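Carbonic anhydrase 2, liganded with chlorthalidone.
Here the PDB entry sets the residue numbers for chain A, with the shown residues being 4-125, 127-260 in order. We count ligands from 1, going down the list as the structure has it; atoms in each ligand are counted the same way. Values below: every heavy atom of this structure, side chains too, minus hydrogens, waters and symmetry copies. Header entry for method reads X-ray crystallography, 1.9 Å.
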Amino acid sequence: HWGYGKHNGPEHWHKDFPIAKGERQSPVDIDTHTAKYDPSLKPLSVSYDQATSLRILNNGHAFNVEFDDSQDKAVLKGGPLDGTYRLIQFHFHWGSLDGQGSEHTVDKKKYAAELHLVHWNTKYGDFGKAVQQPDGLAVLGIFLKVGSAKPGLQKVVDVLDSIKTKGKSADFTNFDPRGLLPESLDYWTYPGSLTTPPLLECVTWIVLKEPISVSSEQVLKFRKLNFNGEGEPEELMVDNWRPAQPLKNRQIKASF
Ligand SMILES: NS(=O)(=O)c1cc([C@@]2(O)NC(=O)c3ccccc32)ccc1Cl
Ligand SMILES: [Hg+2]
Ligand SMILES: [Zn+2]
């Protein structure tokens, strides 16, 4: 099935998922000089105080930190969004080297990694129904650079040992996603898609301008994870990013 290797990677995906060459695919390059400040954007509201994490899962592509979404507890609203979007999970994309790893790029600059916090529109009852809608999802994207350690990431880093291979999960309750955010919520926004198959075009993207910094040894442990399942030959989980896709005269708006 789909992956990131030579034979199952990003430009193989279109065969099972034709929407890969669609009109609103993600990620994209953010050309800072082409992005326009948008006055009609309301303030962005990230409310993660009541967030209820449950478990961490190696799903063979990345690792997901999953949340209880059966009540309004961790919600994104405002900015380009209408209504309320509930946090369901977060995950990262990263590289084999510090000079690559992010999915979005800024004036063609690649960051060492990218975090995705995934939320679904409550008017649709659940995630499965929301991903059938043009405004079903909202993803908050955050860039990672190598420098100083990110304290609020270490609990994730420390548990990666327990989920080294595909299908492994561990209890991961009481994780606070607020410790992953940069200071500024200045962002770019554009309509787009999931960046993994089925690549559904249901996402309002909100990509923060300010990167978070993580330590060399934090990213190194991401790179010790496995794409393979237990008892299989070791395939290091690295370079699990899709490259930038055609903008196709969508407009990228700046909040700033
Ligand atoms: N990379 S991503 O943030 O666009 C994203 C990835 C996923 C996914 O790769 N992570 C999953 O666990 C999953 C399950 C079914 C389909 C797709 C996925 C889900 C939603 C989103 Cl918004
Ligand atoms: Hg959709
Ligand atoms: Zn993602």
Requested in this report: Provide the full list of ligands or chains belonging to chlorthalidone.
Outcome: ligand 1
Requested in this report: Using a 4.0 Å heavy-atom threshold (strictly under), name the region of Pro202 that reaches chlorthalidone (ligand 1): side chain, backbone, both or neither.
Outcome: side chain
Query raised in the report: Distance below 4.0 Å between atom 20 (C) of chlorthalidone (ligand 1) and any protein heavy atom?
Result: yes
Query raised in the report: Does the protein put a heavy atom under 4.0 Å from atom 13 (C) of chlorthalidone (ligand 1)?
Result: no
Query raised in the report: Does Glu106, backbone or side chain, put an N or O under 3.5 Å from an N or O of chlorthalidone (ligand 1)?
Result: no
Query raised in the report: Considering only heavy atoms of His96, which atoms of chlorthalidone (ligand 1) have at least one such atom less than 4.0 Å away?
Result: 1 (N)
Query raised in the report: Using UniProt active-site annotations for chain A, which residue is nearest to chlorthalidone (ligand 1), and how far is it in heavy-atom terms, to 1 Å?
Result: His64, 6 Å
Query raised in the report: Taking only heavy atoms of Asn67, which atoms of chlorthalidone (ligand 1) are found under 4.0 Å from at least one of them?
Result: 10 (N), 11 (C), 12 (O)
Query raised in the report: Among the UniProt-annotated Zn(2+)-binding residues of chain A, which have any heavy atom closer than 4.0 Å to chlorthalidone (ligand 1)?
Result: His94, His96, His119
Query raised in the report: Among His94, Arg246, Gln92, which one has a heavy atom closest to atom 10 (N) of chlorthalidone (ligand 1)?
Result: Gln92
Query raised in the report: Got an N/O contact under 3.5 Å between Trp5 and chlorthalidone (ligand 1)?
Result: no
**Report entry** Side chain, backbone, both or neither: the part of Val143 lying under 4.0 Å from chlorthalidone (ligand 1) by heavy atom
**Finding:** side chain
Query raised in the report: Are any other ligands or ions shown closer than 4.0 Å to chlorthalidone (ligand 1), and if so, which?
Result: ligand 3 (zinc ion)
Report task. Name the UniProt domain of chain A that holds most residues in contact with chlorthalidone (ligand 1). Result -> Alpha-carbonic anhydrase
Query raised in the report: Does an N or O anywhere in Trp209 fall below 3.5 Å from an N or O of chlorthalidone (ligand 1)?
Result: no
Query raised in the report: At under 4.0 Å between heavy atoms, which part of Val121 makes contact with chlorthalidone (ligand 1): side chain, backbone, both or neither?
Result: side chain
Query raised in the report: Which of the substrate-binding residues UniProt records for chain A come closer than 4.0 Å to chlorthalidone (ligand 1), counting heavy atoms only?
Result: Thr199, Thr200
Query raised in the report: At a 4.0 Å heavy-atom threshold, which residues contact chlorthalidone (ligand 1)?
Result: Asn62, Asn67, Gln92, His94, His96, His119, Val121, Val143, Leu198, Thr199, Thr200, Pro201, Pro202, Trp209
